Amino acid sequence: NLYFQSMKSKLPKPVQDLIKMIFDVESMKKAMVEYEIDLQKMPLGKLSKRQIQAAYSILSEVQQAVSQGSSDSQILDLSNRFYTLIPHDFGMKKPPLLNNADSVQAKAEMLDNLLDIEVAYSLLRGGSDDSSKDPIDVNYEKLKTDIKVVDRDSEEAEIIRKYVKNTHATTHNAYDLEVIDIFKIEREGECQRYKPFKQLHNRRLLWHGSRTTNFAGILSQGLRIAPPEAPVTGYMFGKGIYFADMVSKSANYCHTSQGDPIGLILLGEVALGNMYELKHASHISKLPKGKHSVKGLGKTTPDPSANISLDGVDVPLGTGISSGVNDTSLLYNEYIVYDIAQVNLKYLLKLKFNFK
Ligand SMILES: Cn1ncnc1[C@H]1c2n[nH]c(=O)c3cc(F)cc(c23)N[C@@H]1c1ccc(F)cc1
C-alpha cells in the first residue's frame, strides 16, 4: 500500500491486557497442576468435550450410588473409569476414591473449569497460525464478542462503580474490591436470542462471577446450564444460571487468591419474569406455572428504595440492609434462570481484590 502496517495490536491497551489474561496458557497449566492431572498423559491440547461429558456421566453414577446404595466394587470401578478419562499424576499424592458428596462435587467443579479451559485452548491453537496479523487481535476475533472500554466519567461507569461500592460488605472482609476496568461487551447473536424474553417483566442487571480461566469459554459461548450428564450434587436450586444482586456474593465465585488477586465478573441483564422465591435448597426439575425463575432469599438485600432503572432494567444498587427474612440459610439473595436465552451479557469488570 502507501502505508506500513504494523504487526502491533489495533486494540486499546486495557482490552489487550484482558485478552492476554483470558488466553493465559500459564494459568491453564497451573490449574492442571492444581488438579493433579498427569500432564504427560493429558496435556492441555488433549482435553476434549467427549471426554469431559463421559466423565460427568461417571460422576452422576457415583452420585446415584451414594444416594441409592453402593457396593465397594461399584465405587472402585467408577473411580477407575473416571481417572482413566482424566488421568491422575501418580507422582503426586494418591487420588480420592469417589465415594462421597464432597469429592463428587469437587470433581464436577473441576470438569466445569476444564471444559472452559479446553474451549480456550482450542480457540487459541485453531485458526490460521500465520503472521498475517497480531496474535492478540486474532484471539480477540475468536471470541465473537465486541469489547469496548467504558469511559470512566460516563453515566454507566458511575452507576456501575456505585453498584460495586454499595454491594460490597464488611462481612466477607477478606478483601476489598477495586474496579480496574469496565468493559462493555456484546456477544454475537445474543441480543437476537434474548429478544423474545425481553417481553417478560422483572428484567434485572445482576452479577455473575467465575474463574478467570473460564472467560474465553464464557465469551465465545455465553453462560450455560450444566449439562444433563452433570451430577446434581451441590446445586442448591438445580441446574441453572446463577446470579447475585450483591457484588460480594458473585466475587467469591472468582476464586481469586492472594497469589493472583484480580478477577473478572459479569453484569448481565436477566429476564426473571415471575420469581419462585425460596429460603432453602430444592433441586429443580420443573417450575410452577406462572414462574420463569427462582429467587433464593438471603438475610441481606440491597435497599429496594435506593434502586434505579436503566433501559427499564432494574439495577438493585442500594446499600445492603437486613432483609428481615425469617428462617433462611442464605446470607445473600441468588437468582436462577433455566433457559440460556433469558440472559443478555452487558458488562465485564476487571477487579482488584485487596486482601487483609
Ligand atoms: C454453576 N453456576 N452456573 C451459573 N452460576 C454458577 C455459580 C455461580 N457462579 N457465578 C456467580 O456469580 C454466582 C452467584 C451466586 F449468587 C450463586 C452462584 C454463582 N452459584 C453457582 C454455583 C452453583 C453450583 C455450583 F456446583 C457452583 C457454583
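Positions are given from 1, in the same order as the sequence printed here. We count ligands from 1, going down the list as the structure has it; atoms in each ligand are counted the same way. What you see below is based on every heavy atom in this structure, not just the backbone, and it leaves out hydrogens, waters and symmetry mates.
For ligand 1, the recorded drug is talazoparib. The chain forming the most contacts with talazoparib in this entry appears in UniProt as Poly [ADP-ribose] polymerase 1, processed C-terminus. The closest protein non-hydrogen atom to atom 3 (N) of talazoparib is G240 O, 3.6 Å. When heavy-atom distances are rounded to 1 Å, the UniProt active-site residue of chain A nearest talazoparib turns out to be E334, 4 Å. From the protein, the heavy atom lying nearest to atom 15 (C) of talazoparib is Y253 CE1, 3.7 Å. Of the protein's non-hydrogen atoms, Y242 CD1, 4.2 Å is the one closest to atom 2 (N) of talazoparib.
In terms of protein heavy-atom proximity, atom 5 (N) of talazoparib is nearest to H208 CE1, 3.1 Å. Those atoms of talazoparib with a heavy atom of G209 less than 4.0 angstrom away are 9 (N), 10 (N), 11 (C), 12 (O). No heavy atom of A226 sits closer than 4.0 Å to any atom of talazoparib.
Contacts of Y335 with talazoparib, taken as heavy-atom pairs under 4.0 Å, are absent altogether.
The PDB entry names the source organism for chain A as Homo sapiens. For talazoparib, the atoms sitting less than 4.0 Å from at least one non-hydrogen atom of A244 are 16 (F), numbered in the order shown with element in parentheses. By UniProt annotation, the domain of chain A supplying most contacts to talazoparib is PARP catalytic. Within talazoparib, counting atoms from 1 as listed, the ones closer than 4.0 Å to a heavy atom of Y235 are 24 (C).
Close approach to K249 involves these atoms of talazoparib, each under 4.0 Å from a residue heavy atom: 16 (F). Residue contacts with talazoparib: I241 is placed with no nitrogen or oxygen under 3.5 Å of a nitrogen or oxygen of the ligand (distance criterion only). No N or O atom of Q105 sits closer than 3.5 Å to an N or O atom of talazoparib. Within a heavy-atom distance under 4.0 Å, talazoparib reaches the following UniProt NAD(+)-binding residues of chain A: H208, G209, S250. Protein heavy atom closest to atom 25 (C) of talazoparib, with residue, atom name and distance, is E109 OE2, 3.3 Å. Binding site of talazoparib at 4.0 Å, heavy atoms: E109, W207, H208, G209, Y235, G240, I241, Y242, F243, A244, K249, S250, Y253, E334.
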